[PDB]
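Each chain gets a letter, A, B and so on, in the order its sequence line appears, and its residues count up from 1. Reckoned from all heavy atoms, side chains included, excluding hydrogens, waters and symmetry mates. Determination method: X-ray crystallography, 1.9 Å. Ligands are counted one by one from 1 in listed order, and the atoms in each one are counted from 1 as well.
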2 protein chains.
Amino acid sequence: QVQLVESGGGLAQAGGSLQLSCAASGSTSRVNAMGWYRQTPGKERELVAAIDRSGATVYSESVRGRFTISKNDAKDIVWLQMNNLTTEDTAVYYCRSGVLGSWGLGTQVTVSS
Amino acid sequence: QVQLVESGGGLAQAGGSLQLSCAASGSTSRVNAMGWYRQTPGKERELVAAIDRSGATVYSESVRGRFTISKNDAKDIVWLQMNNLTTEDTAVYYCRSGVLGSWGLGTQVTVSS
Ligand SMILES: CCC(=O)N(c1ccccc1)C1CCN(CCc2ccccc2)CC1
Ligand SMILES: CCC(=O)N(c1ccccc1)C1CCN(CCc2ccccc2)CC1
């Protein structure tokens, strides 16, 4: 029962920058990953950037180097800094929560020489 | 109550390839994301690749083009095809399940000119 509210959208000029926010409320203590997605006109919704509780980030090829995902843990807010915008960035941007669960026992990989 | 068992690790020479598998059992119907992590000696466990129930994948920069994550939904098994191994890939590799939640209403971004 986690609630997500995205803000910061609007009209932006090409090459400019925007900052999107996603405010999470409800039972957020279990949420240890957050993701930003976008649905560009005519296309499928796609992951753009994600961040987990350790602070690790990962980005899609289409935004890598341009977008930055960050978080304010004290207020349960995730931010998507979008730079160097083009018309190809026009989309509805969506925030999503994740509860990452248990791990396996693992398997050793050793690479020689 | 989800159990994960990784297999397929071993000794490989540089430039070789490995195929890891992760068998999930238990109450898996809610699990709609799976990730592979690695923990090299002395460092934090780190995301290598993840896949969700719609087939979307994301990879860390260090493995993109070398590793492929895939899934057999019929058997609740995920695979990590590891190609072009280097000595820096030596680690314990872990599988991990995740439940990604609902979406917000989203926020529209329109980029002009
Ligand atoms: C990568 C995400 C992550 O791990 N989080 C997160 C989630 C959404 C948006 C921004 C960040 C945490 C979720 C839990 N909040 C704690 C809230 C709290 C405070 C006091 C008592 C009980 C609960 C810390 C941040
Ligand atoms: C991307 C992850 C994902 O969506 N899952 C998944 C989880 C782990 C590993 C591979 C996939 C689904 C979990 C539920 N199973 C469904 C039903 C079932 C039950 C028992 C045996 C076989 C099938 C479909 C796949």
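The drug or drug candidate at ligand 2, out of fentanyl, praziquantel, ruxolitinib, sulindac sulfide, is fentanyl.
Most heavy-atom contacts to fentanyl (ligand 2) in this structure come from the chain listed in the PDB entry as jgfn4. Under a 4.0 Å heavy-atom cut-off, the other chains found next to fentanyl (ligand 2) are B. For fentanyl (ligand 2), the residues with any heavy atom closer than 4.0 Å are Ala24(B), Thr28(B), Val31(B), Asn32(B), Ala33(B), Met34(B), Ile51(B), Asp52(B), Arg53(B), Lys71(B), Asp73(B), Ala74(B), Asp76(B), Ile77(B), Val78(B). The single protein non-hydrogen atom nearest to atom 9 (C) of fentanyl (ligand 2) is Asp76(B) C, 3.3 Å, given as residue, atom name and distance. Ranking the protein heavy atoms by distance from atom 13 (C) of fentanyl (ligand 2) puts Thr28(B) O, 3.2 Å first.
When each atom of fentanyl (ligand 2) is checked for a heavy atom of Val78(B) under 4.0 Å away, the hits are 9 (C), 10 (C). The source organism recorded in the entry for chain B is Camelidae.
The protein atom (non-hydrogen) at minimum distance from atom 3 (C) of fentanyl (ligand 2) is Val31(B) O, 3.3 Å. If you check which protein heavy atom lies closest to atom 22 (C) of fentanyl (ligand 2), you get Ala74(B) O, 3.0 Å.
Taking every non-hydrogen atom of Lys71(B) and a distance limit under 4.0 Å, the qualifying atoms of fentanyl (ligand 2) come out as 1 (C). With hydrogens left out, the protein atom closest to atom 23 (C) of fentanyl (ligand 2) is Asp73(B) O, 3.3 Å, a heavy atom.
Of all protein heavy atoms, the one lying nearest to atom 4 (O) of fentanyl (ligand 2) is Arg53(B) NE, 3.0 Å.
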